[PDB]
J.: 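Structure with tiamulin attached for reference.
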Amino acid sequence: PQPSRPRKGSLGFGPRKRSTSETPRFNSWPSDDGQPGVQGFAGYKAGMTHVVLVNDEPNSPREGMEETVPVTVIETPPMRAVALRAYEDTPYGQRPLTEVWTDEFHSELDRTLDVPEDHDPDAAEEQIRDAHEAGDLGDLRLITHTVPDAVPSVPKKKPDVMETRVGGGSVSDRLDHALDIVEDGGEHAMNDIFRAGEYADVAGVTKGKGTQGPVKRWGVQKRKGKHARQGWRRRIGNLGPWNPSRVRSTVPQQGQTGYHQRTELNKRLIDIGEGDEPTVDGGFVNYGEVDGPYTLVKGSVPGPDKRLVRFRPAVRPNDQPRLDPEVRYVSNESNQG
Amino acid sequence: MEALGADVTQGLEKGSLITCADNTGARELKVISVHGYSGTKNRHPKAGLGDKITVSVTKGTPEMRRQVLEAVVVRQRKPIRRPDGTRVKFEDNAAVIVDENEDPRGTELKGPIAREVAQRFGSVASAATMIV
Amino acid sequence: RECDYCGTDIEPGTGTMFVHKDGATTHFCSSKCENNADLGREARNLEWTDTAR
RNA sequence: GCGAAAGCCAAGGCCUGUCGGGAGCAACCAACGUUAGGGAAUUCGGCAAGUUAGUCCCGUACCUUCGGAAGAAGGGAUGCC
RNA sequence: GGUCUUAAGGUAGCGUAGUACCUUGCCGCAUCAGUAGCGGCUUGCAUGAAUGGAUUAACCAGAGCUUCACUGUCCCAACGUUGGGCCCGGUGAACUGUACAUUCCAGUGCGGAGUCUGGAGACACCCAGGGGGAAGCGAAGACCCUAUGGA
RNA sequence: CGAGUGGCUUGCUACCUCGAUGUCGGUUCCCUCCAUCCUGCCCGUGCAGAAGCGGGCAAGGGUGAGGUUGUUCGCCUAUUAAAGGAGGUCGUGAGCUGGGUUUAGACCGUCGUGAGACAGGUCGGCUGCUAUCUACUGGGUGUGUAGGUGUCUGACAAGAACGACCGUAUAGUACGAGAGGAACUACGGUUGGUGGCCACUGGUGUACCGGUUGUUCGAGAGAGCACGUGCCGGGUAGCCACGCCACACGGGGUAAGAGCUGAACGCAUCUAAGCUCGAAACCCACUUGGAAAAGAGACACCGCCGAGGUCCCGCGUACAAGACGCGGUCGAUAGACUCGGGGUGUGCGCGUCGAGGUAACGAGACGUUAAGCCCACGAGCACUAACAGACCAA
Ligand SMILES: C=C[C@]1(C)C[C@@H](OC(=O)CSCCN(CC)CC)[C@]2(C)[C@H](C)CC[C@]3(CCC(=O)[C@H]32)[C@@H](C)[C@@H]1O
Ligand SMILES: [Cl-]
Ligand SMILES: [Cl-]
Ligand SMILES: [Mg+2]
Ligand SMILES: [Mg+2]
Ligand SMILES: [Mg+2]
Ligand SMILES: [Mg+2]
Ligand SMILES: [Mg+2]
Ligand SMILES: [Mg+2]
Ligand SMILES: [Mg+2]
Ligand SMILES: [Mg+2]
Ligand SMILES: [Mg+2]
Ligand SMILES: [Mg+2]
Ligand SMILES: [Mg+2]
Ligand SMILES: [Mg+2]
Ligand SMILES: [Mg+2]
Ligand SMILES: [Mg+2]
Ligand SMILES: [Mg+2]
Ligand SMILES: [Mg+2]
Ligand SMILES: [Mg+2]
Ligand SMILES: [Mg+2]
Ligand SMILES: [Mg+2]
Ligand code: NA
Ligand code: NA
Ligand code: NA
Ligand code: NA
Ligand code: NA
Ligand code: NA
Ligand code: NA
Ligand code: NA
Ligand code: NA
Ligand code: NA
Ligand code: NA
Ligand code: NA
Ligand code: NA
Ligand code: NA
Ligand code: NA
Ligand SMILES: [Sr+2]
Ligand SMILES: [Sr+2]
Ligand SMILES: [Sr+2]
Ligand SMILES: [Sr+2]
Ligand SMILES: [Sr+2]
Ligand SMILES: [Sr+2]
Ligand SMILES: [Sr+2]
Ligand SMILES: [Sr+2]
Ligand SMILES: [Sr+2]
Ligand SMILES: [Sr+2]
Ligand SMILES: [Sr+2]
Ligand SMILES: [Sr+2]
Ligand SMILES: [Sr+2]
Ligand SMILES: [Sr+2]
Ligand SMILES: [Sr+2]
Ligand SMILES: [Sr+2]
Ligand SMILES: [Sr+2]
Ligand SMILES: [Sr+2]
Ligand SMILES: [Sr+2]
Ligand SMILES: [Sr+2]
Ligand SMILES: [Sr+2]
Ligand SMILES: [Sr+2]
Ligand SMILES: [Sr+2]
Ligand SMILES: [Sr+2]
Ligand SMILES: [Sr+2]
Ligand SMILES: [Sr+2]
C-alpha cells in the first residue's frame with residue numbers, strides 16, 4: 001500500500017544556492033549572564049588530527065580512562081576590534097546609529113576598506129550616550145577584523161571583516177567595556193573570550209562542490225534493478241503528479257551543492273594553545289606548517305582547509321561545562337599514509 | 001539497552017548464515033530479526049555484535065533443526081570500534097543461543113568472544129572460554 | 001605499543017586488531033601489512049619490514 | 001597453440017569506418033573497471049552481471065531402448081633450470 | 001431406479017492435469033513464513049484410448065520449482081575509464097506554429113481553463129537542467145456502435 | 001425503527017472526449033486529508049498494581065523487512081512504539097517496468113455440422129518524439145531604486161531538524177494475601193531523519209612501484225601491443241560511508257481536560273463577565289534565504305577629476321558559459337631546484353655461491369642496495385613566469 005518514508009534531504013537549509021559572503025554572518029547571539037565581553041572569535045581551518053584525552057564526564061563509567069578523540073586544527077591568530085556600532089530601537093527593528101573608530105590601523109587593512117583619515121569619535125560617542133539616556137539604544141556590536149597576514153599558510157592578506165556582539169552586563173557598563181578595547185588598538189586573542197573545554201558554535205561556508213545531481217544533493221535513490229539499465233540511472237521517478245500541474249520547489253532536483261553557510265552547533269574546544277604542538281609531519285595537506293596561535297575543535301568543522309571559520313559561545317548547550325581537559329597525547333603523524 | 005562501550009558497523013543482515021558458537025547441537029544459524037530494531041523503507045534489517053537476534057537453525061541435529069530460537073551475536077567479520085580508536089575484527093561471524101532470562105542454552109561455548117558482550121550478557125561471559 | 005607483524009611503532013588511536021580462530025591476537029600498523037599476511041608472505045623474508053632490518 | 005582458434009608480427013595496404021579547438025573535463029547518458037560486510041534480502045522470474053574454464057591422472061551415482069547417462073559428481077596435478 | 005431418451009452408457013490406464021468450476025481442494029515434503037513446486041488422495045464443473053491412452057532413456061536458445069557455488073540484483077551507494085555532454089571555429093537541418101500568452105489558488109463553463117469571474121502573485125533578458133502542465137507532438141481510434149459499407 | 005455525512009467500493013445516467021486524454025499491478029518522487037495504528041495530554045472503568053478495555057483533544061513525526069500470488073485485495077513469518085486508512089485523471093509510461101488484461105502463432109477442456117466461439121485455462125508475443133510555451137531547481141546579464149568601498153538591518157520565506165525506543169538508578173520500592181509489579185526524576189546508549197567533515201576504519205585511485213604470461217624491437221638492458229591497466233600485488237592526494245562530528249532546555253497562548261472567584265436562580269454552578277492551569281500540536285526559541293520590501297532600507301568611511309571598478313597577468317578555498325576568491329616585485333601566486341613528508345619493496349653493472357655439465361652453458365641466491373624508480377602535499381628558495389600597458393568612472 002506504498003510504504004512510508006521521510007522525504008529526501010532537509011527543507012530547512014533552503015534554498016540550496018551559492019553563499020553571498022564567504023565570511024559567515026551570525027543571526028543569533030548568546031543571552032546576557034555575567035561579565036561584559038565579546039561574544040565570538042574567528043580563525044582559519046588547518047586540518048585534522050587525533051588527540052587522546054581523559055573522560056571528563058561524571059555520568060560516564062569511563063571517567064578517568066584514556067579516550068581517543070578526533071580534532072580539527074584551526075589557527076586562531078589575534079584579531080583587532082577596530083570599531084564600535086550602536087543600534088536604535090525603531091518600530092522597524094534594530095537600525096544602526098553610529099560608529100566609533102580608531103587611529104592606529106593595520107598596514108594592509110586598506111586592501112578591502114576605505115580607511116578613515118578624518119573621523120570624530122567623541123561626538124559620535126555622545127550620540128550613543130544620548131540615545132542611551134533616551135532609552136532607545138538596542139544592542140552594541142563591535143566591527144571586528146582578522147589578520148590573515150599572521151597565518152603563513154594562507155595566501156590571502158586582504159582582511160576578512162565581520163560584526164560581533166558584546167553582552168553580559170548592564171547596557172551602561174558594556175558600552176564602556178567596548179570603548180576600552182577600541183582605544184588601545186583592539187588586540188584580542190582567543191584567551192580573552194574562550195576557555196578550553198567549553199562548547200562553542202562554529203559557523204562556516206561549506207566546501208564547494210559545483211552543480212551536482214539529486215542522488216548526491218538530496219540523497220535520493222539510484223534507479224534500482226532493471227530500472228537502472230533502461231537509460232535512467234541517477235534521475236528521479238517524477239517531478240510531481242498530474243494535478244497540481246506545476247513542479248513543486250520541494251521535489252529533489254539538480255543544482256548547486258556546497259558553498260552554503262552552516263552553523264554547526266555545540267562544538268567542544270579541546271585545547272587552546274600556541275606553537276607547534278598540533279602540527280603534522282610533512283605539513284598539513286594543501287595547507288602547510290602550523291606554528292603559532294591555535295584552537296583544537298572536536299570533530300569536524302564546515303569548509304575546506306584555508307577558509308575562515310567563526311566561533312560563538314553555545315546558544316543551546318546540553319551538557320554542563322567541563323573546563324580544561326587533561327590532554328595527554330596529541331598526534332603528529334603524517335596525513336600522507 | 002545498556003551501552004556496549006564501542007561503536008559497531010552492523011556486519012549482518014536478515015537471512016544471513018552465521019555460526020553457532022556452542023554445544024547445543026546447532027551448527028549453522030540464520031538471522032531472522034534484530035530485537036528492538038525498526039528500519040526504513042527499502043533496507044535489509046541489519047545486525048551487529050552484541051545484538052539479541054531472532055534465529056532459525058539451518059544445519060544441525062534432527063531435534064534442533066527447524067527451530068526458531070533467540071541468540072546473541074558473539075563474533076562478526078566487520079571491524080568494531082573500541083574507545084581508544086583501535087578497530088577489532090574476528091575470523092568469522094558467530095552467535096550463541098540464549099533463553100528467556102538471557103542464559104545460554106548450552107554449557108560450553110566454542111571460540112573467542114568480545115569484551116563488550118560481557119557487560120550486557122554476563123551469564124554468557126561467566127561461561128566464556130576466551131575474551132578479547 | 002608495538003606491531004605484532006612489522007615491528008613498527010603504532011600511533012595510538014590508529015589501527016586494527018585481528019583476532020584468530022583459536023583466539024590469538026595480531027595488531028597491524030596499517031592496511032598494507034594486513035594484506036601481506038593474507039598473501040602468505042613472512043615478515044622476516046621481506047626486506048622492507050622493521051623486523052628484517 | 002589441437003587449430004584456417006586468441007594474442008603479437010611480417011609481406012602488403014592505410015592513418016579517408018574523413019571536421020576540428022578548449023575546460024582534472026561539473027550534473028546527466030553510453031560502453032565499462034574495482035567496490036568493505038552480507039549474499040538473491042532485488043525482481044513476475046538471478047533479468048543483468050558473475051562463477052567454472054585448457055591438458056594430464058584418480059574417480060564417477062540413479063536410470064537406461066545397453067547406444068547413453070558421463071566432461072556426471074567429486075579429488076589431485078600444471079612454471080623455470 | 002434396483003430401465004428412458006437416442007446406438008451404447010467410460011473398460012486400461014491417467015487424474016485438482018497446459019483439462020477441475022468450486023480452489024490458495026485435503027494430507028505430506030520444503031521454508032521463519034511457500035495462491036509456487038514435487039508426492040499421495042481424487043466423487044474427473046466438463047480426463048480417457050490412433051478426436052490415440054499411458055511410460056519413457058536420449059535430445060532442447062521450449063514452461064515451472066529446489067539445492068551447492070558466484071556475484072553491486074539488493075541492503076546503499078562510492079571512486080575510476082573512454083565517447084559525449086558544457087565553452088570556441090566551421091558546417092548546418094527538422095518536428096511543430098488560430099491568435100494572445102509572467103503565472104498560481106479557487107470558482108464558473110459542454111461536467112478536465114495560461115486566456116471567463118474573484119483573488120493572489122508578477123521588473124526584463126539570457127545559461128544549464130530534469131520533463132509537472134499545455135487533457136504536449138506524432139496517427140481523420142484498430143475498441144464499440146452505426147452504414148440497407150468491403151473482403 | 002428513524003435521521004444523516006462522505007465520495008474510498010459497486011450500481012445507475014450517457015453530459016464531456018472516437019481527426020486517440022495510453023491499461024492494471026508495481027516502482028520512483030512530491031503535496032494533502034482525519035473518519036488517529038504508535039507517539040503527547042486527557043475522561044470513564046467490570047480503575048489495587050501491572051498489562052488492558054472504551055471515549056476526548058490532536059495530522060508534528062512515524063507507521064518498517066520478508067514467504068506464496070501479476071495481483072489490488074488477502075493468507076503467512078519474524079521483528080516493532082506501531083508496523084492506520086484515504087485523496088491528488090482509481091497521483092505519477094513526452095519517468096521506469098510490462099508480470100496481468102487485450103492482436104496476429106499454438107495447445108487443452110466446453111460448445112458448435114462448420115468457419116469458429118469462451119467475461120475457461122496455458123506457452124510465446126514491440127513501449128516512438130532533438131522541448132516552442134509554461135512550471136520549478138540552480139546559474140548569469142541589464143534596468144529601477146540614484147559616485148565607491150566595507151558592515152548591517154528584516155518586511156517576509158523555509159524546516160521535523162528533530163522523532164522514537166531501550167537500558168540504569170528510583171526499586172524488587174509504591175500497590176497486592178500472594179503472584180506479580182509501576183511513577184515523578186537523574187543518567188547512559190540505540191534507531192529513524194537531518195546537516196557537515198575525512199585524523200581514524202573502509203572504498204576507490206586505467207597517478208605510481210612491483211611480479212609475471214604471449215609476442216615483437218637479435219640477446220641484454222630498455223620499450224610497444226594484448227579495449228581503451230594483458231593479468232596479478234601494493235597503493236599516496238582527492239573524493240567518499242561502511243568512517244567521524246553536531247542536531248535543546250525553557251518560555252508565551254490554547255485544545256480536550258482539572259479547577260478558582262462568580263451571577264442570572266438568596267443555594268448550587270469551572271462560565272454567562274473574570275481568572276489559574278493544561279497536548280508531541282500553535283507562536284517564540286534555533287537554522288537557512290532574504291534591499292526589487294516601488295515605504296525599492298540603515299551606519300561608517302572614501303571620492304565627484306578622481307574613490308573605485310574593468311581588462312590584463314599568476315593561480316584557486318571557486319567553477320558547465322557567466323559567476324566567485326586570492327595573489328600581481330613594498331611579492332612566495334604558479335613552475336624548476338633542494339629538503340621534508342609519502343608510495344613501492346631492494347636498480348642497471350659488477351662480485352661470490354649455484355643443481356649440475358668435459359666445456360660452452362646455467363633457472364636462481366647473497367652482497368653492493370631502507371636500494372632503484374615515483375608523487376596531484378608541505379617547507380626553503382625570487383632562478384623562471386606575475387611583465388608591459390589599455391579602458392571606464394560621479
Ligand atoms: C487504444 C486506445 C488507447 C490507447 C487506450 C484506451 O483503451 C482502450 O481504448 C480499450 S482497448 C486498448 C488496447 N487497444 C490497442 C492499444 C485495442 C485496440 C483508453 C485506456 C480508454 C479505454 C479509451 C480512451 C483512450 C484515451 C484515454 C484512455 O484512457 C485510453 C484511448 C483513445 C487510447 O488512445
Ligand atoms: Cl528505480
Ligand atoms: Cl525482520
Ligand atoms: Mg591520511
Ligand atoms: Mg596510515
Ligand atoms: Mg520494497
Ligand atoms: Mg561487496
Ligand atoms: Mg519484494
Ligand atoms: Mg496440486
Ligand atoms: Mg503445473
Ligand atoms: Mg473488429
Ligand atoms: Mg460481405
Ligand atoms: Mg473515427
Ligand atoms: Mg495527457
Ligand atoms: Mg476528531
Ligand atoms: Mg502533515
Ligand atoms: Mg492512476
Ligand atoms: Mg507522466
Ligand atoms: Mg511511453
Ligand atoms: Mg502470468
Ligand atoms: Mg503472457
Ligand atoms: Mg522523448
Ligand atoms: Na537511453
Ligand atoms: Na500522465
Ligand atoms: Na470425451
Ligand atoms: Na535445435
Ligand atoms: Na558496478
Ligand atoms: Na514537462
Ligand atoms: Na451525502
Ligand atoms: Na462514481
Ligand atoms: Na502504475
Ligand atoms: Na500526523
Ligand atoms: Na505482498
Ligand atoms: Na491517466
Ligand atoms: Na503503468
Ligand atoms: Na512505454
Ligand atoms: Na504548554
Ligand atoms: Sr498511491
Ligand atoms: Sr553578523
Ligand atoms: Sr535572520
Ligand atoms: Sr527500455
Ligand atoms: Sr489543471
Ligand atoms: Sr608493414
Ligand atoms: Sr573531410
Ligand atoms: Sr587496487
Ligand atoms: Sr528469490
Ligand atoms: Sr522474493
Ligand atoms: Sr576439477
Ligand atoms: Sr472409473
Ligand atoms: Sr534538455
Ligand atoms: Sr478535526
Ligand atoms: Sr495514544
Ligand atoms: Sr482497481
Ligand atoms: Sr482473494
Ligand atoms: Sr505482458
Ligand atoms: Sr490463436
Ligand atoms: Sr480469456
Ligand atoms: Sr520604469
Ligand atoms: Sr526500569
Ligand atoms: Sr518475583
Ligand atoms: Sr596499453
Ligand atoms: Sr475549559
Ligand atoms: Sr535598494
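Throughout, a chain's letter reflects where its sequence line sits, starting with A, and its residues are numbered from 1. The structure shown is a partial extract from the entry, and contact counts are restricted to the extract. In what follows, every heavy atom counts, from backbone to side chain, and hydrogens, waters and symmetry copies are set aside. Both ligands and their constituent atoms are indexed starting at 1 by order of listing.
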J.: Specify the chains or ligands that represent tiamulin.
T.: ligand 1
J.: List the macromolecule sharing the largest contact count with tiamulin, named according to the PDB entry.
T.: 23S ribosomal RNA
J.: Give the letters of all other chains that come under 4.0 Å from tiamulin at a heavy atom.
T.: E, F
J.: What organism does the deposit give as the source of RNA chain F?
T.: Haloarcula marismortui
J.: What residues, by chain and number, sit within 4.0 Å of tiamulin when only non-hydrogen atoms are counted?
T.: E/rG141, E/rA142, E/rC143, F/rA20, F/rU21, F/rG22, F/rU23, F/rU102
